[PDB]
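Consider the following structure, which contains melatonin.
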Amino acid sequence: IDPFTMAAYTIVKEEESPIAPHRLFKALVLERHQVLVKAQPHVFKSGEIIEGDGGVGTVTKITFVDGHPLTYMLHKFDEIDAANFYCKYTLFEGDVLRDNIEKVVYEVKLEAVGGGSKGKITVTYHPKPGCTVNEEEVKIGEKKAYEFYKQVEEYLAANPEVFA
Ligand SMILES: COc1ccc2[nH]cc(CCNC(C)=O)c2c1
Ligand SMILES: COc1ccc2[nH]cc(CCNC(C)=O)c2c1
Ligand code: NA
Ligand code: NA
Ligand code: NA
């Protein structure tokens with residue numbers, strides 16, 4: 001990428017759901033660390049806030065089960081506007097970043113539409129300088145994120161009290 005110092009690569013996705021936005025904002029953003037463990041206990045050992053109160057500045061730690069190739073991830077809540085279902089958060093540490101990635105930055109913005117939602121999600125990979133993004137790992141991340149979203153949607157539809 002010379003003469004550049006660094007690069008950033010972005011995926012933009014738009015989605016629609018029958019789940020109301022405040023419920024998705026909790027399940028998929030603010031309490032994702034908890035919900036991953038509930039949804040996929042054979043993959044995730046634990047998910048915990050290790051700094052902060054659940055608003056801006058929070059750091060979470062998600063730990064995979066010992067048998068899984070991956071070990072842990074740290075995310076930081078960089079910006080939250082909960083009234084308007086906006087969050088920016090960053091995956092800044094963990095062996096899911098492999099050798100090549102410095103951080104992944106996520107932006108989520110939801111809106112209410114009838115009894116459901118629409119959302120825009122923006123995922124930006126920041127390779128370390130001199131390193132290249134691995135397309136395989138990006139596509140796995142995307143597929144797993146989508147699968148998890150669908151699991152959450154199904155559970156929330158079936159259990160209206162959750163995150164109500
Ligand atoms: C969404 O939940 C899952 C479930 C199973 C999984 N396996 C491996 C990953 C990590 C995927 N990479 C990133 C950057 O997310 C994963 C995530
Ligand atoms: C307890 O709270 C929650 C909250 C959000 C959730 N999403 C998913 C599940 C679990 C069940 N899912 C399956 C079998 O696919 C879940 C539980
Ligand atoms: Na959908
Ligand atoms: Na592991
Ligand atoms: Na992704």
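Residues: numbered from 1 along the sequence shown. Order of listing sets the numbers, starting from 1, for every ligand and every atom in it. Structure method, as recorded: X-ray crystallography, 1.3 Å.
Every copy of melatonin included, the relevant parts of the model are ligands 1 and 2. Per the PDB entry, the macromolecule making the most contacts with melatonin (ligand 2) here is Phenolic oxidative coupling protein. For atom 6 (C) of melatonin (ligand 2), the candidate residues are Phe148, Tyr149, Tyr155; the nearest heavy-atom contact is made by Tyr155. The presence of a protein heavy atom under 4.0 Å from atom 1 (C) of melatonin (ligand 2) is confirmed.
Note that atom 16 (C) of melatonin (ligand 2) has protein non-hydrogen atoms nearby, at separations under 4.0 angstrom. Each of the atoms 5 (C), 6 (C) of melatonin (ligand 2) lies under 4.0 Å from some heavy atom of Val35. Taking atom 13 (C) of melatonin (ligand 2) as the reference point, the nearest protein heavy-atom neighbour is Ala39 O, 4.7 Å.
The residue-level binding site of melatonin (ligand 2) (heavy-atom cut-off 4.0 Å) is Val35, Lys38, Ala39, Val152, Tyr155.
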